[PDB]
**Student:** 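Structure below; questions to follow.
Per chain, numbering begins at 1; letters A, B, ... match sequence-line order. Both counts, for ligands and for their atoms, begin at 1 and track the order of listing. If you're wondering, the header gives X-ray crystallography, 2.5 Å. All heavy atoms count here, side chains included; hydrogens, waters and symmetry mates do not. Contacts here are counted within a displayed part of the entry, not across the full deposit.
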Amino acid sequence: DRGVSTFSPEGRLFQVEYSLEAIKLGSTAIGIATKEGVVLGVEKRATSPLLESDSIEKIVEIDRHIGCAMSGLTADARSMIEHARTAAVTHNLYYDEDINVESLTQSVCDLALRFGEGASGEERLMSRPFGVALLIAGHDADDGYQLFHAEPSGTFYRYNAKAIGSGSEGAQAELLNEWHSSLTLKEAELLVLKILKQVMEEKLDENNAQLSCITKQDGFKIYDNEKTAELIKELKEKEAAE
Amino acid sequence: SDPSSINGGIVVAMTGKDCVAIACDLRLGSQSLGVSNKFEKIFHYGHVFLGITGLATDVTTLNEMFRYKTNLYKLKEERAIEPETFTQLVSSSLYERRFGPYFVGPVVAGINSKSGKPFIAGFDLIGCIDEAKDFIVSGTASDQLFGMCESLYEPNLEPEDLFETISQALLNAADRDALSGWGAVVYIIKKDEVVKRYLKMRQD
Amino acid sequence: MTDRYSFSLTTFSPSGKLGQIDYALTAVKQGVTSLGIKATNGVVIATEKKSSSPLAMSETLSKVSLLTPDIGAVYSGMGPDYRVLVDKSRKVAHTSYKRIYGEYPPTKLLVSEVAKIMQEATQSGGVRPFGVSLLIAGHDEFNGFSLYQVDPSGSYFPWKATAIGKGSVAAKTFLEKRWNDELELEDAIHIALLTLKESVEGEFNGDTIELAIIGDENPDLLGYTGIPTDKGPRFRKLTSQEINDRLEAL
Amino acid sequence: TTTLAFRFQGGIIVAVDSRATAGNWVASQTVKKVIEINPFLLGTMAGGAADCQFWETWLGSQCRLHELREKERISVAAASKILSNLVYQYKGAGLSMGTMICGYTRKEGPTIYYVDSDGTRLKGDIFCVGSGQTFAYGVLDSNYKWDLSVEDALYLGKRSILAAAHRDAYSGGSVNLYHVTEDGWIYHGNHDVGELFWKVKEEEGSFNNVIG
Amino acid sequence: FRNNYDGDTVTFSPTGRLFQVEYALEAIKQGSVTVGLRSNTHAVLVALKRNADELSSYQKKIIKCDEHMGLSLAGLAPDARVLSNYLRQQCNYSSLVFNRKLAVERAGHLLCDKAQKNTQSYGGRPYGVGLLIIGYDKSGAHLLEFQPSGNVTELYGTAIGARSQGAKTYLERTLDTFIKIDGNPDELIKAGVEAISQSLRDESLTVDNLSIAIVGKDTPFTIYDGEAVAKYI
Amino acid sequence: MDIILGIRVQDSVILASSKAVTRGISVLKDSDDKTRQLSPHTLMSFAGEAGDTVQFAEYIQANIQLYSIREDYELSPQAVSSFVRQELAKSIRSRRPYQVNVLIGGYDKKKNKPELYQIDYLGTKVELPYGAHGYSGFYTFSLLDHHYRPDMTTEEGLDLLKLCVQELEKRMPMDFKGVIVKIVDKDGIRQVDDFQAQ
Amino acid sequence: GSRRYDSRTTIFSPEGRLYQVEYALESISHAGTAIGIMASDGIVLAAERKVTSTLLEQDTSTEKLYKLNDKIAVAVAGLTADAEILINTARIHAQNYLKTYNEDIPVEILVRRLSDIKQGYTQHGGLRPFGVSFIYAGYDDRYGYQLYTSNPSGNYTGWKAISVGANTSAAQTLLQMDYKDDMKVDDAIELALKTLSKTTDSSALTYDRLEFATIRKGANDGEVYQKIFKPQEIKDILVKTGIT
Amino acid sequence: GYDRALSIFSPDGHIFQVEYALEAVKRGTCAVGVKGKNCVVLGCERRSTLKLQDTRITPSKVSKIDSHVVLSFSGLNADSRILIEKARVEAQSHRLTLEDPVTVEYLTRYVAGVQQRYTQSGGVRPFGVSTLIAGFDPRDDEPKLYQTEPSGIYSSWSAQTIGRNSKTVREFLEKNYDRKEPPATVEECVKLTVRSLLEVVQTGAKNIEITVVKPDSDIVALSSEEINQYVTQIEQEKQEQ
Ligand SMILES: *C(=O)[C@]1([C@@H](O)[C@@H]2C=CCCC2)NC(=O)[C@@H]2CCO[C@@]21C
């Protein structure tokens with residue numbers, strides 16, 4: 001056949017590219033970073049009405065000051081989350097402090113290209129790249145609030161706002177026009193709630209969508225359904241307002 | 001300290017006319033404390049008999065090991081193991097643990113099913129085979145057993161006679177050993193049948 | 001470096017055949033004929049010494065090998081494969097038996113050991129099956145005389161008489177005609193020589209034929225005396241001269 | 001060293017001394033002998049400072065990891081067994097630690113677990129560890145009641161350490177108090193034994209044998 | 001042809017080529033441009049940072065390996081992290097064990113040898129990134145160009161990445177000029193920005209878009225980004 | 001060492017174990033239960049080295065429960081004891097052996113008979129009407145050798161033990177803080193909460 | 001590299017089937033037929049020897065019936081050599097169990113273990129599976145007489161009567177036709193021979209082409225006894241049952 | 001030694017070996033689970049490609065991981081055993097170290113992890129199995145029902161089915177299961193389960209087995225009669241119209 005870490009004639013790694021495709025098929029995830037916190041929202045997208053929506057966990061906590069959202073083959077994200085939680089906790093044990101959001105992200109991205117059938121560079125025992133992208137958001141004293149997009153390629157970009165998943169090209173275009181350096185946390189919330197509604201196949205309600213944020217004061221929190229439902233109602237009103 | 005003097009016990013085997021006998025006491029103690037008066041030290045796999053003195057846990061482990069090995073042997077060879085062969089299996093199994101040996105004193109007894117010839121053999125803890133024609137002793141009262149046997153023994157005794165001889169050897173030797181006694185059992189073996197008799201002795 | 005062939009090279013085809021075993025058997029088919037016959041008091045195995053050149057010294061190449069003092073082997077197929085199989089067999093007779101029980105293994109068990117070695121070359125990663133079929137003849141106290149055949153698959157079966165290789169079909173047929181359960185060793189040797197003649201194209205004498213027997217104990221071949229229970233090997237390769245003497249009464 | 005921890009109606013009282021010695025040398029009179037695993041768990045340190053400090057801080061990291069993984073507060077039983085099993089892995093290596101793992105969970109209520117480097121893990125109501133333990137036990141055993149008030153309980157612990165600080169040459173410095181409630185532990189100050197002794201003597205009338 | 005001889009680095013084509021290696025080199029060309037040039041007192045790295053969206057950051061392209069050494073990358077970022085990390089260890093080793101700063105020429109040899117191993121064995125893949133190493137050691141200022149093929153060359157200046165050829169011709173021209181910008185970092189840096197803008201086309205170098213790094217005689221390898229590079233735009 | 005006693009009567013096995021846990025100069029606990037239920041009809045008592053004691057007991061418990069789930073069946077007492085003997089006989093020749101002695105009392109539902117097994121840390125196993133570990137046997141065996149009868153009722157067994165515990169509380173130098181008694185029979189394992197004065 | 005020559009013995013077909021297992025089963029279907037019939041007072045194992053000659057030594061032969069334990073035996077259908085590899089490990093597992101618990105291994109536990117080993121070659125390792133199917137006839141004190149079957153996939157099931165190898169469809173239909181819960185060993189012995197007799201691809205069904213074994217609990221004893229019939233014994237029972 | 005990447009990505013972003021693993025599940029006998037207000041019921045259908053089996057010994061479809069949790073599945077039988085064993089082992093280890101039995105979600109997340117892992121490790125193919133895991137968290141009375149698949153993904157359901165014709169039976173459940181009023185009885189819950197299976201089992205008294213799980217390790221499997229009784233009362237519900 002062909003090696004799992006082979007280069008295409010264009011200078012790209014097949015498996016990594018094909019990986020990005022699976023990610024495109026995943027549920028939408030959006031992140032907005034403001035000077036008042038970072039918001040992270042996702043599309044639950046249950047496959048049947050019998051599936052209990054709240055058992056869908058696409059937004060998880062890394063540490064009190066770091067949380068993340070996922071899009072793609074979600075099962076592939078578990079070992080990534082584990083590695084992240086361990087990395088942040090370990091850092092605290094060694095340095096009696098919080099791990100910087102960038103550092104935590106870089107650690108996760110280090111697993112990324114550790115795949116192959118015997119690549120001469122160490123002992124990368126993992127048959128294929130991860131099939132899921134991650135939005136890592138957090139806060140730290142040196143660079144305040146931050147949003148990162150970690151891909152199976154091993155590269156991670158910092159964004160003021162970013163969307164990954166099925167409705168990303170569309171949603172990202174929206175974020176391009178909506179984002180500005182002075183958004184309030186509440187604005188970002190509605191804004192994320194709004195874009196999700198535009199790209200989601202289903203009609204967005206507090207059961208097929210979920211919000212969350214991370215603030216320096218209270219850290220990472222996942223908004224419960226009641227809290228979001230109200231924010232949803234508030235959006236419908238401001239939209240019908242003009 | 002001495003793994004061979006913790007539990008106590010003895011075993012003795014003798015050859016007679018077209019027969020062999022193997023006997024042992026039934027004591028199992030923890031130094032001065034008597035713990036069991038039913039710890040038999042004789043086992044058999046087919047028509048081959050094995051007595052074992054020494055550290056009780058090893059006596060138990062070795063029996064379990066030889067059962068295991070003689071079982072597979074039967075399944076592959078499609079016949080029961082013979083005295084001479086088992087003796088070699090015992091030897092090599094013990095030597096395999098040359099630098100971390102089982103603290104035991106094995107004794108093999110039986111009659112070759114094809115030649116009818118009687119057979120007994122002893123081993124040190126690391127497998128050295130002692131193949132005597134007369135008798136073999138083992139245990140905390142082995143010195144006494146050597147004395148008893150050397151005097152009481154004579155060649156070609158009949159089954160009924162060898163029984164008396166081996167029993168008197170075992171009995172009087174055990175009574176001069178603090179760690180032996182509390183019961184005894186004697187096996188009289190012939191080509192066709194094997195009788196097992198429990199003896200009556202002091203219980204102190 | 002490092003053998004990275006950790007997967008089987010012999011696998012099942014849709015028809016359920018195991019290709020490499022089949023091909024190996026085909027290689028056996030092209031090999032020089034060899035045979036074995038069991039008598040009431042012995043066994044004989046024989047083959048043809050197909051000298052690959054007149055400059056070659058046929059004696060320096062034995063197709064009939066002693067595995068234990070009471071067991072011998074002969075084959076048909078790839079000579080180099082046979083040679084290593086004999087080395088491995090002689091060693092396994094020791095490591096898995098003599099060093100444990102203090103005596104040589106009985107024919108069926110040693111055969112079983114060889115068979116296992118062959119079966120593994122049929123499933124282990126990175127290898128091909130052995131391209132040979134062996135005929136092993138031996139004797140042991142509780143089983144008497146026996147003759148076995150071991151094929152590339154690792155399968156083995158007991159025979160009264162049989163042949164393998166080039167003219168196996170013809171030879172097997174000729175054997176079925178002359179074999180009975182009352183043959184004496186000499187009779188089997190005779191029948192063996194006749195059977196082998198039909199398979200030989202050119203010269204047929206004690207220098208072109210290789211033949212051994214599993215029979216009585218040869219105390220003269222022990223090398224020492226003093227131990228009553230040690231009487232000598234039962235395996236004995238016949239000499240060029242010994243064969244010719246019997247060819248005259250052909 | 002003298003450390004104690006006891007269970008009662010209002011939760012758990014934890015009191016320790018703060019002296020560090022190497023032979024007859026007093027290395028410190030202001031050492032911390034209580035590790036704040038996290039806001040709900042406390043650990044006492046007796047024996048080797050490095051060993052206790054290191055593994056109890058590590059315990060903290062393992063508890064945190066548990067709560068992230070199970071989205072639920074770790075039980076005192078479970079936290080104590082993590083330490084216990086770690087320590088048991090090193091049995092024979094020379095670790096030296098006598099410790100009390102204390103917490104208040106909804107599921108268990110007030111819970112104290114004694115854990116030492118021999119691998120021993122014991123659940124109990126009252127525990128005293130250290131070269132001053134016997135002194136503290138004397139005071140504790142005769143005044144302990146399950147229905148003690150949080151105020152009196154705190155004092156009993158403080159007094160028990162005081163008794164030990166006085167008689168045990170390897171105990172003293174100051175007393176560190178802690179009250180453990182289901183909502184977390186509450187620090188109750190650092191009481192210099194020096195001043196505490198004279199004060200207690202006068203107000204209580206005890207320590208009559210000492211001239212003040 | 002090619003298709004049958006490009007499935008892995010362990011295969012030579014009928015003409016003696018190594019396609020996987022060549023495909024790797026392709027990843028560099030697709031990378032943002034970066035430039036390097038040195039006088040006799042300093043060495044400079046000017047790199048164009050590329051952004052994903054206008055809501056994204058401009059990926060860092062310069063990495064410090066020690067106080068006297070550093071590099072710029074073009075291609076797979078992860079591979080530069082690995083290679084620079086290895087360079088960091090090698091510099092660290094030289095210091096700890098021999099109390100000696102690692103020679104820039106020696107670093108080059110070490111990078112070449114690490115890259116070569118990934119082009120002769122089954123299973124691995126060549127590194128897909130180009131590197132420009134600058135540093136001041138016991139023999140002055142230095143600039144090196146590293147190619148995934150394992151080829152490392154010492155130069156006065158150069159550029160790698162998309163449209164790199166612009167800056168490269170400019171430098172090959174300005175040579176006699178900048179090679180003498182001794183004792184004046186600002187002049188060397190400006191010359192670097194002038195070479196890099198020779199590869200622009202899309203936009204123009206902005207504040208959060210330009211990245212510069214310098215090292216020399218009495219200047220520990222330091223990196224300037226944003227406001228700090230404003231005085232060069 | 002602690003007190004580990006066992007007596008097999010007509011239809012049950014009774015195990016008595018001291019409640020004290022002493023660490024050096026002080027008795028840290030006087031309510032310790034030195035036992036683990038291996039299965040509904042099998043109980044194991046233990047005494048020995050500080051940490052090894054419980055770690056071993058719980059390790060054995062885990063394995064039996066796992067076997068019970070996998071096979072949806074309860075291993076016979078004899079089976080559970082051979083498993084335990086082997087575990088200790090392995091340990092005796094390892095880097096750091098388990099210094100634990102145990103008594104295994106179980107009711108064989110298939111044979112409908114109680115069984116008592118004594119196994120020391122070396123993997124020495126024996127089946128007895130009654131047994132003990134440590135010094136305990138020294139003070140009690142003469143009493144059991146005297147009053148023991150194969151047809152004793154559970155009530156008679158408890159009276160014979162009480163006698164043993166009294167002798168122990170008289171001649172033994174240490175205060176083991178009384179014992180916890182448990183009965184194992186056809187209906188399972190139950191604890192005699194009233195022995196502090198039975 | 002090597003990848004080029006890897007058959008990939010452990011992957012799924014687009015239909016979710018395991019190529020190798022399927023092909024191995026196909027291989028097994030050309031193997032001599034083996035029958036297993038469980039009665040109220042025993043179990044019967046019978047097998048047809050594939051390929052034979054006048055010169056084949058039958059007294060010293062065994063290619064289908066193997067003793068695993070003193071209470072368990074198996075009938076083989078497939079590659080003999082592969083079977084022997086599995087049989088030996090099965091024998092070792094039985095003894096390990098015995099030494100650990102001092103009780104003979106329950107029949108299902110041994111079967112599940114052997115099947116688990118087979119299942120392994122199905123999910124990892126890159127090796128061909130064993131071209132073997134077993135019929136297990138054994139007895140234990142928890143379920144008494146039991147009859148099991150395991151194939152290349154690693155699946156196993158219990159039966160009152162069953163067959164493996166060639167013409168199993170024909171054999172199964174005939175068995176399902178005349179089997180009765182209250183059968184007796186002697187009845188089953190007869191059913192077995194009749195079934196093989198009608199499914200043979202050979203002319204007649206003679207003794208030299210059969211192997212026979214029974215696991216009974218000899219009333220005059222109280223223990224379990226396995227009996228691997230000898231040439232002459234098969235020849236006899238072959239006449240009695242009316243097949244001469 | 002063998003570490004070939006069997007589960008890799010294809011151009012369209014799919015992992016065929018995992019995809020084909022699902023196909024093996026579709027082929028397996030149907031399985032269903034529905035949770036009542038105070039229990040969970042697991043139903044499985046029995047094949048009939050061959051019938052002359054010994055039901056006493058032939059491996060049952062519902063397995064107990066611990067005394068309070070059960071696991072059923074659809075797919076390769078040989079594969080399910082590996083998962084069941086690992087799950088049973090992890091159940092004991094959890095009790096040994098946390099001194100508390102596993103929650104149903106925990107046990108599920110474990111099994112799922114093993115599955116996910118087999119989708120990106122060299123030399124191994126994914127599990128051709130999908131599972132339904134049900135039970136009651138220690139000291140809790142709220143019923144739990146989870147489902148896992150080859151990919152390693154898992155989630156909880158009010159009711160769910162897997163295996164052949166699961167498409168059919170799921171529909172039945174989607175228009176016969178009200179989250180507002182879940183089968184408030186062990187009886188009416190078992191009935192709804194039997195009804196859902198009859199949509200695909202086609203008259204199979206001996207082809208339908210049910211297991212009822214109640215709080216506090218109360219688990220029991222119904223007998224042919226008990227079930228057959230439910231079938232009977234159901235065929236009448238139809239005829240009576
Ligand atoms: C008490 O246990 C003690 C302390 O020094 C020590 C210090 C900090 C935390 C752990 C406890 N340990 C010792 O080894 C000395 C000598 C006697 O006891 C100490 C005072």
**Student:** Write down the drug at ligand 1.
**Tutor:**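 Answer: salinosporamide A (bound form).
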**Student:** In this entry, what is the main binding partner of salinosporamide A (bound form), named as in UniProt?
**Tutor:**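 Largest number of contacts: Proteasome subunit beta type-5.
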**Student:** For salinosporamide A (bound form), which other chains fall inside a heavy-atom cut-off of 4.0 Å?
**Tutor:**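 Those reaching under 4.0 Å with a heavy atom: D.
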**Student:** Around salinosporamide A (bound form), which residues have heavy atoms within 4.0 Å?
**Tutor:**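 The heavy-atom site around salinosporamide A (bound form) is D:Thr1, D:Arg19, D:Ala20, D:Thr21, D:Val31, D:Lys33, D:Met45, D:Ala46, D:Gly47, D:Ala49, D:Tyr170.
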**Student:** Please report which non-hydrogen protein atom sits nearest to atom 5 (O) of salinosporamide A (bound form), along with the residue it belongs to and the distance in Å to one decimal place.
**Tutor:**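 Heavy-atom neighbour on the protein nearest atom 5 (O) of salinosporamide A (bound form): D:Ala20 CA, 3.4 Å.
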**Student:** Which residues overlap between UniProt's bortezomib-binding set for chain D and those with a heavy atom under 4.0 Å from salinosporamide A (bound form)?
**Tutor:**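 In chain D, UniProt binders with a non-hydrogen atom that close: D:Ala49.
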**Student:** Pick out the nearest UniProt active-site residue of chain D relative to salinosporamide A (bound form) and quote the non-hydrogen distance to 1 Å.
**Tutor:**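 Nearest UniProt active-site residue by heavy atoms: D:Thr1, 1 Å.
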**Student:** So, is there a covalent link between salinosporamide A (bound form) and the chain here, and where exactly, residue and atom?
**Tutor:**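 There is a covalent bond to D:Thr1 OG1.
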**Student:** Can you list the atoms of salinosporamide A (bound form) that are under 4.0 Å from a heavy atom of D:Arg19?
**Tutor:**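 Counting from 1, the qualifying ligand atoms are 4 (C), 5 (O), 20 (C).
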**Student:** Can you sort out which atoms of salinosporamide A (bound form) are near D:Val31, meaning under 4.0 Å from one of its heavy atoms?
**Tutor:**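 So the atoms of salinosporamide A (bound form) that pass are 8 (C).
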**Student:** Under a 4.0 angstrom heavy-atom cut-off, which atoms of salinosporamide A (bound form) come close to D:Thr21?
**Tutor:**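 Once the distances to D:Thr21 are compared, the set is 5 (O), 15 (C), 16 (C), 17 (C), 19 (C), 20 (C).
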